[PDB]
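Lab note: Glycogen phosphorylase, liver form, caffeine bound.
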Amino acid sequence: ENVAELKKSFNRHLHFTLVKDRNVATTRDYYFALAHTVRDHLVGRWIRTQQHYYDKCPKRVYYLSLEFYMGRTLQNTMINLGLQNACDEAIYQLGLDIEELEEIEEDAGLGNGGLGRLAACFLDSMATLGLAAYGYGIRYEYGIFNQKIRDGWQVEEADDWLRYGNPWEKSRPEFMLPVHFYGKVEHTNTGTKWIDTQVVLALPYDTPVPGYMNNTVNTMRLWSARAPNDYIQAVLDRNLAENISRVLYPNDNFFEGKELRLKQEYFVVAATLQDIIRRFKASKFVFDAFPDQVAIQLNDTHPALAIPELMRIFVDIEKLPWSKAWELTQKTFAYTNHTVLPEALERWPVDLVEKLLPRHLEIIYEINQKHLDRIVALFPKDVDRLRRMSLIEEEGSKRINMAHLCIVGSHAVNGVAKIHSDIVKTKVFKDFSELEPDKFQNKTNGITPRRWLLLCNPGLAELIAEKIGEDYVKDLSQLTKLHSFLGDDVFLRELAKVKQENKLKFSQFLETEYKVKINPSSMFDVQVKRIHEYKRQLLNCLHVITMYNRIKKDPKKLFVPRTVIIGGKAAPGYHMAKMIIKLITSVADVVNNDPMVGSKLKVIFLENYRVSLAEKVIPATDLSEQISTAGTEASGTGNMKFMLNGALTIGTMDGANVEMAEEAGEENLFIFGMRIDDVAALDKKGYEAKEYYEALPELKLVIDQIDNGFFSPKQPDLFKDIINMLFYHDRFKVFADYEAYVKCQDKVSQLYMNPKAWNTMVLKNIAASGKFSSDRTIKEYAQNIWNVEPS
Amino acid sequence: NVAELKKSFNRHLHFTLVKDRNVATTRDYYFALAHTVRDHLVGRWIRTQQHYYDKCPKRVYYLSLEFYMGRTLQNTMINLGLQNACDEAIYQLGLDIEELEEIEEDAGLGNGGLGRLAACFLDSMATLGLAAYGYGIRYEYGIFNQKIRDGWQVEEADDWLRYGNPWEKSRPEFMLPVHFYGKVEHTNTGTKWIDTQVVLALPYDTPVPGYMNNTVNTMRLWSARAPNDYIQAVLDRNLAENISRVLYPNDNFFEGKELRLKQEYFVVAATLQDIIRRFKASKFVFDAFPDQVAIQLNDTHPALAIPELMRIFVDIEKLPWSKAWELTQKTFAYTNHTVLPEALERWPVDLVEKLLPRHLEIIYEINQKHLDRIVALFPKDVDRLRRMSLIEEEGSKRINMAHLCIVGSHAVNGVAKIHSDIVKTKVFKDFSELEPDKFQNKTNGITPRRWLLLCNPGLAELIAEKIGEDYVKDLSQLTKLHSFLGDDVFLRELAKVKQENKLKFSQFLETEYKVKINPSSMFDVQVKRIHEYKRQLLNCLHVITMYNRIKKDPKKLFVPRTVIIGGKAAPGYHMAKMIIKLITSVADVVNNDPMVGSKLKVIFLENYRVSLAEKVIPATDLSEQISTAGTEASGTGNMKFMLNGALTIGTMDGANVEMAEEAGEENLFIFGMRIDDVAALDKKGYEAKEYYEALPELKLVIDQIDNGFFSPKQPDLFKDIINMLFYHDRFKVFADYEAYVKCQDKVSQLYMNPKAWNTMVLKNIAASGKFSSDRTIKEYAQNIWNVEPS
Ligand SMILES: O=C(N[C@@H](Cc1ccccc1)C(=O)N1CC(C(=O)O)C1)c1cc2cc(Cl)ccc2[nH]1
Ligand SMILES: O=C(N[C@@H](Cc1ccccc1)C(=O)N1CC(C(=O)O)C1)c1cc2cc(Cl)ccc2[nH]1
Ligand SMILES: *Cc1c(COP(=O)(O)O)cnc(C)c1O
Ligand SMILES: *Cc1c(COP(=O)(O)O)cnc(C)c1O
Ligand SMILES: CC(=O)N[C@@H]1O[C@H](CO)[C@@H](O)[C@H](O)[C@H]1O
Ligand SMILES: CC(=O)N[C@@H]1O[C@H](CO)[C@@H](O)[C@H](O)[C@H]1O
Ligand SMILES: Cn1c(=O)c2c(ncn2C)n(C)c1=O
Ligand SMILES: Cn1c(=O)c2c(ncn2C)n(C)c1=O
Ligand SMILES: Cn1c(=O)c2c(ncn2C)n(C)c1=O
Ligand SMILES: Cn1c(=O)c2c(ncn2C)n(C)c1=O
């Protein structure tokens, strides 16, 4: 606990655990010694917490997800355990730099973006709320790839995060389980049997999840695939079974029907459900009480197979009758929808499923038959309603609509922001909500204020605590008390000072990683998120070039200097996203080297955007770019992180941006562009991109520069694919929000010129960010879906 | 003290395994104890390695593709003087230390004798305080686990690292890149090897505790890792990692697979680079290298080390060829482990040219200078050149790796007198003639820690009772046991120890096998890899022979036996697999014939490996060492049996010859043709049928086999054996059959006389001192590596 004992443990681990002394120990050795020193502090409570759940047997919550975008664990653990100050002191006394030790840790990047990071924030919140919750996923050998930029383009490198060892995971060999694939179904007089299957073992690894200052330490269980049991070739072929948990599919909001992805989904699902049933049978609590002891949240449709798998276990194995089994199943599962973009919908062809999971295909067909029998009985004449509500789309080569399977097999279905949940309920699944009104809900996303405030921005956390105490950490709504300081000049300077320090520290980072020199006086304009056409960093890029031309046309004009930062990873096979990245690095090259613009404007493509880098750049941001086309971003969470950390937002009325406006007051955000209904109008009328190109002189110059090679001289036609998409296939109407966006941007610079007014708006944003704590989000899930209670 | 060991155990169970006493598994308890013991190694491991850096003694590097280590827990407790205290602490915690010990997986990174010799050498070098390092590959899968299904061998992956190996320590800061393929460019800045594929080598260090001396050496094993459609590209990283994936399961047999060639270059490249790097940091240019480094090539498997050292000195360090070649020879020594043709490494130049273009050039260069010398010495002997070349144009050109090891080394040694002589005067006559002093002998040895103190505590204690403990570090001290030759009480005590071992092993046999063991029977044992040259087929002929005898005359006085035969067959060795099936078939008939009953039991010991050897050897009365004269280079199993109180029935082959010299030929049951008789028969021509015709007991056995007596459901099952036996038996099974059976009868005779039997046993044990690997290592240190015990 105290400094002396922490130093003693550190030296002890460096010695016995790392087998080193101070003259031969590497930096990595020191990081590992500290990690083990911190990890030791988790054990007692990890054991008690899990023992407690067995004793008092509260209802358990299982968050089933193919992704857990955890980031680093060291600092997060020290903070939630109240050990950071002591460890900082101990490490300092040992003559070491704790910051350096922390940078040695690899991010556990087992996620693509929002969906995976939401799972991570939820685990922190559920532990902080004292819920008997478990995270269940896959332990990928390789997470989201490390991004490099070569000659302006994205290059992918394997994310070998486990190469040096992960001290934060605990193998649980005694819980290994067999998972089945392929084979065939036999309908015997003893029950249908699934036989001649190939077997792959599932080895679980537990990672502790410390609640914030509360003695609760929950568990995240990730499964790894292992082979069971010419000789050499046979041994090498063991790689095939093990490839199942080998790599995270690098796609964000995009469906790719590869068989290996289907294997991963069944793998997690099968291992997870069996483990859950086994723990249920040992609870010394037949399966009638199951739904009162178990809640399983389906994170998107990725784990949809859990439904037919639970049915398979209840029926084929436990011999329960179908009706009883189906009843228990619905009461067990709840489904969370995370998107409305067509390219992201999971639709598995029945042939692939038939080959890999013959018995699940049969169970799904059965589910679908009973389902449609009901509709036929309710709307005998609506024949097309049946076609629309079926789990099977015969529309060409038959496929399974996984979202529909999740809806019929779940008692609750929720979206992740009001605007989104509404669209899901009344438009996308109108036929279903009409039948079961009460089944559809909304649960607006949230972020954990531990990692995204206390951890990433200690200066702000301290300043806030200075003024209003520490209650806000566990009750973020407490930030409204900050309103008492609206006219407090001294406080406003203190707030600005914290942002300035964060910017200074991040600028140091930028100068050492990039050739560029940073004007620390500039406004940090930031857009960090996965590269997507719908998120439109392309629009941001149009505005950047626009500011460039303005400086060239009139260099002596008064101008608020900016440092424009854009970062994010493109899915490997997403060609347009890769072109967009190259467009940004090209533009940056011209801008950063034009002697006429100089320190007026700097552009940086932030490489390898991931959780640990987000913790650095967000606290250093002044302007947060949240410009997705109205109706495309289901919720967003980066928007919330920026709001909590003192940045103002420039964005569309989309996803949770709408709620950030409700809480803070629309005028305290720079809202702009078409709204959901305006986008529909343009669609109805038909979008003619050329018209804006024609009518907007600044837009036309930008476009022409791009298309003629102004930014790619050595290859004039390089950006032709973008031009063509922009003029003839822009599903996201980049040109249609261009004018309002730029006008809006000008207004931002205006406000920035007035520090007191700017920080006054910042204060209103921070003071109103309380609704976005994931602790609030989780309370709502616990109360209205899982029916469990905080402790 | 016990109290502190219990406290550490509980501490590790808690913080390290995250368990308490009601949820802890047996495996958790084994791991808690292992960490508790491992902690005791640290201080000395660090000091020992620091010491080598400070005083900078000359270092010895044992480069081997195999290290058949077995289990580490007990060996560590013993060499550290901690066994009694840990036993007591575990007992007090209400646990069974024996159960905990059986949890540990063997580190089976070897096939047999060659790999186990490397392990015994490490223990001895550490006990002698030498600055020695073992260098090899960290295979993900060692020698396969053997199962017997419907009488046949079935192989299962040996996933020894699945639950974690607490005995290894990753050394990430010493990772190195190894190169493959590419092409050679001869520039004006030196020849460059370019466009190569790169595979990383990650070293893992395992501590090697000397016996009671504060020395803890290192065994460094390399693991392959890939450097740095997207998904497919990530999955293909498996290809680079496949290099250190599986140990080739062949014992004394060459298989020219490209992956095996990759493994050999992999160990060699990573090892030589690491050695040079450690040399450059010694604050001791490369002139002193051979005075600071000795590298022992364990067989020709690491032969590439020679051209690789040349490549580094020349292509990289820019040293002139003559200087580089001089340093190289002073650095390497080569150990020959066999004369069997099928085991010689001959890589086709095409494969080497593709995978290692630069090494092929260096080898050609070495060969050119080599032959230039011979041409200058024997201008008219044109065929001498053909015989001494590193290249065999005899069809598709190939590289004779043994020849490369000889020209690139300053010393070449065999592993037993009879073997070393054959190597020097016959196989490499042309080379030894030129460099007489280059060829030596270093008779193999076994470590008396694992093979006596550990595996047979009863014997170790009995012996210490009579002569003190000096024998542990000076095994020659066992000769003091001669003072008890007439001591009746001692002879009963000796027999009692053997009886307890047999009792304990019989328990094992009954629970694993259906069979009921007559604990009164003589344990006749043949455990080693299944080979035609080791002839367990001959043993099988004798077994059937005894069977027929019991059937012909059931009421005759007969010494009862429990015949045990065990060993693994290389997966692709068809004959060996047939031989196994023949043995299990024979056993089926014998064990179930009501007429033989408890007179004779036959057991095929499944999954023979280091940890099982430690169980069955101490329980043996008769040790079968019957290879054809001139085929077993040395053997080491023979030595383990001698040390543990078993008598030997064998041919005058390998080290059996020296066991006879030490104990007195009459105290061993020697039989069969000798090296020269085998040659005579070869010259005259071996006509297997003649013995079949002339020996009525042999004929009946053979007919039974060939007609389906042992395979009724399939009469022609053993046809391949019959045909090999009559027309292609390179090992003359029939030609030693008569003497073997006569010899066997004499064994039973002696067994009937307990006092006479144990009197001979005592003479075997008292004379086993020469076979301690400690003696072997002293000889290598003095005459090859030029290093000194400390
Ligand atoms: O592996 C040891 N310590 C561990 C310490 C560790 C544990 C978990 C994560 C990181 C580090 C170690 O160095 N690693 C496990 C990692 C891997 O599997 O790659 C790297 C170890 C200590 C030790 C001490 C002695 Cl005396 C002998 C063998 C030993 N191994
Ligand atoms: O892995 C831990 N201990 C290690 C301890 C260990 C190390 C080496 C051999 C056996 C056991 C562990 O259990 N294993 C490493 C093996 C593997 O590679 O599969 C199994 C560990 C302890 C711990 C304590 C907390 Cl609070 C959180 C995570 C933790 N992991
Ligand atoms: C929060 C977060 C996201 C999601 O950001 P949006 O802007 O909401 O898409 C993506 N990646 C990382 C690393 C994050 O921390
Ligand atoms: C010693 C040993 C060997 C060598 O046996 P030989 O009979 O000398 O061939 C082979 N395997 C194991 C497991 C051993 O311990
Ligand atoms: C398929 C997918 O990744 N959906 C994403 O989910 C997160 C978390 O709900 C939302 O914030 C975001 O708007 C949405 O694009
Ligand atoms: C190539 C090979 O494995 N050779 C083996 O080596 C061991 C160790 O020297 C000898 O005892 C044995 O007779 C021999 O068959
Ligand atoms: C979002 N996204 C992708 O992620 C993607 C893609 N094509 C390939 N990938 C990987 N497309 C067209 C796409 O819109
Ligand atoms: C690396 N890279 C790309 O990734 C790429 C490309 N053109 C299109 N793409 C997607 N070019 C020319 C290129 O060099
Ligand atoms: C019938 N048979 C064989 O004939 C055989 C074998 N292994 C090797 N052979 C030759 N096995 C396992 C087997 O069942
Ligand atoms: C020793 N041995 C083998 O190990 C072997 C073989 N054929 C295949 N293998 C694997 N032969 C003929 C052989 O003698």
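Chain letters run A, B, ... following the sequence lines, proteins first and then strands; every chain starts at 1. Whatever order the structure lists ligands and atoms in, that order sets their numbers, starting from 1. Part of the entry, not all of it, is on display, and contacts are counted within that displayed part.
- Here, the model contains caffeine as ligands 7, 8, 9 and 10.
- Other chains making heavy-atom contacts shorter than 4.0 Å with caffeine (ligand 10): B.
- Within 4.0 Å of caffeine (ligand 10) on heavy-atom distance sit the residues B/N250, B/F253, B/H531, B/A570, B/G572, B/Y573.
- Nearest protein heavy-atom neighbour of atom 2 (N) of caffeine (ligand 10): B/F253 CD1, 3.3 Å.
- Counting atoms of caffeine (ligand 10) from 1 in the listed order, those under 4.0 Å from a heavy atom of B/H531 are 1 (C).
- UniProt lists residues of chain B as binding AMP; of these, a heavy atom within 4.0 Å of caffeine (ligand 10) is found for none.
- With ligand atoms numbered from 1 in the order given, caffeine (ligand 10) contributes 10 (C) to contacts under 4.0 Å with heavy atoms of B/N250.
- The nearest protein atom to atom 8 (C) of caffeine (ligand 10), hydrogens excluded, is given as B/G572 O, 2.9 Å; this is a heavy-atom distance.
- For caffeine (ligand 10) and B/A570, the ligand atoms under 4.0 Å from any heavy atom of the residue are 4 (O), 10 (C).
- Closest to atom 1 (C) of caffeine (ligand 10) among all protein heavy atoms lies B/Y573 CE1, 3.3 Å.
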